[PDB]
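What follows is a deposited structure in which one can find erlotinib.
The sequence lines are lettered as chains in the order written, beginning with A. The residue numbers of chain A are those assigned by the PDB entry, with the residues present covering 182-452 sequentially. Residue numbering for chain B follows the PDB entry, covering 249-372 in order. All ligand and atom numbering here is 1-based and tracks the order in the structure. Below, all heavy atoms of this structure are taken into account, side chains as well, without hydrogens, waters or symmetry copies.
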Amino acid sequence: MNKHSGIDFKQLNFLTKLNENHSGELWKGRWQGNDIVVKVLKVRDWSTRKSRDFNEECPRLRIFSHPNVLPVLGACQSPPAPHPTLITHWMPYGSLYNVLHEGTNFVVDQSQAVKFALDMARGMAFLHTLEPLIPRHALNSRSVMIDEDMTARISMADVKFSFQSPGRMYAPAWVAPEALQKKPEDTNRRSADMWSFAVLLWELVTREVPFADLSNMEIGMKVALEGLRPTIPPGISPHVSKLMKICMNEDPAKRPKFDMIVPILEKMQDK
Amino acid sequence: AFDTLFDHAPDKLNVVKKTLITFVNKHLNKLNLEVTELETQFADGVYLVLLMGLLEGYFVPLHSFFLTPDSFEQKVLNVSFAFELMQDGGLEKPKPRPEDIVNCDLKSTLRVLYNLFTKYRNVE
Ligand SMILES: C#Cc1cccc(Nc2ncnc3cc(OCCOC)c(OCCOC)cc23)c1
């Protein structure tokens, strides 16, 4: 018998549809006493091979051991489910992107921003201890969620799967220049994630979407081939400027590890 | 259908070609790329790949295709990959073989470009 049967799709209570796009559909729902989000994946040319792969990739996402990592609670295998499906907890504030850029009711203060940064650095340091690394995980403000106590958590449900096209990249503004150009197996993936964190620092400092005036194609091509970088913000402390510069080092090998910037960010907290 | 726009209205055909020209520059000029000649400038697959990302809102990592193809084979691979991106976006499998584009078949090229234009006229 299989080691995991996964979550039974029949047990999901679908309450309300949140979104639909190229990658699938998000629903708010309930499952075994949990308030959940369900992602129903859209896949072209689904096959037994891809289904087998989905069922081997999902167990790694069920990470319950770190406060700044949001687990996949489980997945529906397809077959027997209609479509490959992911389940995670509903995060009441939504993504970091939504809290920073689509927050119609309050503006988080810079003490909260520094706490988000520490939260994300702790979660990434934990993920970087895993062997092997969780593949195809891109750090950006849409893949970080804000829980009911304002804790920032890296979303494991936002990983890409092996059967989702690696040729289509939808948040290039957070991607390291080398990762725009080289296959993952030819990059240091941990150092690439630190570039993404540097861009998150920039986003927390400016409260702007990086390269908001450009299309994703323009962003990737200009960052990769024309040296386009975020403009260092005026009027910030030398300490924040220095941290953002080292995390965004052009040389991947000179960027700090997440476990090095965690104590730096701890000292930047109010508490 | 499109074959009648091609063969037996050659001043419509040229207006179709002038339509397709304005359309592709609207997007490729954002990368500082100009198209003056539909007969050849899509044959190596590069601009089709870039155009797909501009039309559907993604960047294509440069390791996914040959930005500077050095062989007929690499150009065929680029065009085939662009065809796959097209299907990812909801288009049915393109009629021409990828080699028809690489060989500068004006009909095969304008068919592919026209199907992109029908779908994406209104993208800014
Ligand atoms: C499985 C899975 C999976 C895969 C990828 C992404 C997510 N996204 C989310 N995951 C968890 N909680 C979410 C909460 C969300 O909203 C909370 C209310 O915000 C004010 C939310 O909003 C999406 C937009 O809705 C219109 C998305 C959430 C879930």
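- Of all chains here, the one making more contacts with erlotinib than any other appears in UniProt as Scaffold protein ILK.
- For erlotinib, the other chains with a heavy atom below 4.0 Å are labelled A.
- For erlotinib, the heavy-atom contacts closer than 4.0 Å come from A:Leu199, A:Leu207, A:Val218, A:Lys220, A:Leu267, A:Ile268, A:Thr269, A:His270, A:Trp271, A:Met272, A:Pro273, A:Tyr274, A:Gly275, A:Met326, A:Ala338, A:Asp339.
- Counting only heavy atoms, erlotinib sits under 4.0 Å from the following UniProt Mg(2+)-binding residues in chain A: A:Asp339.
- Taking atom 13 (C) of erlotinib as the reference point, the nearest protein heavy-atom neighbour is A:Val218 CG2, 3.7 Å.
- Near A:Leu267, the atoms of erlotinib lying under 4.0 angstrom from a non-hydrogen atom of the residue are 1 (C).
- Counting only heavy atoms, erlotinib sits under 4.0 Å from the following UniProt ATP-binding residues in chain A: A:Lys220, A:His270, A:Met272.
- Looking at chain A, most residues touching erlotinib fall inside the UniProt domain Protein kinase.
- Scanning all protein heavy atoms for the shortest distance to atom 11 (C) of erlotinib gives A:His270 O, 3.2 Å.
- Of all protein heavy atoms, the one closest to atom 27 (C) of erlotinib is A:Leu207 CD1, 4.3 Å.
- Taking atom 25 (O) of erlotinib as the reference point, the nearest protein heavy-atom neighbour is A:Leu199 CB, 3.6 Å.
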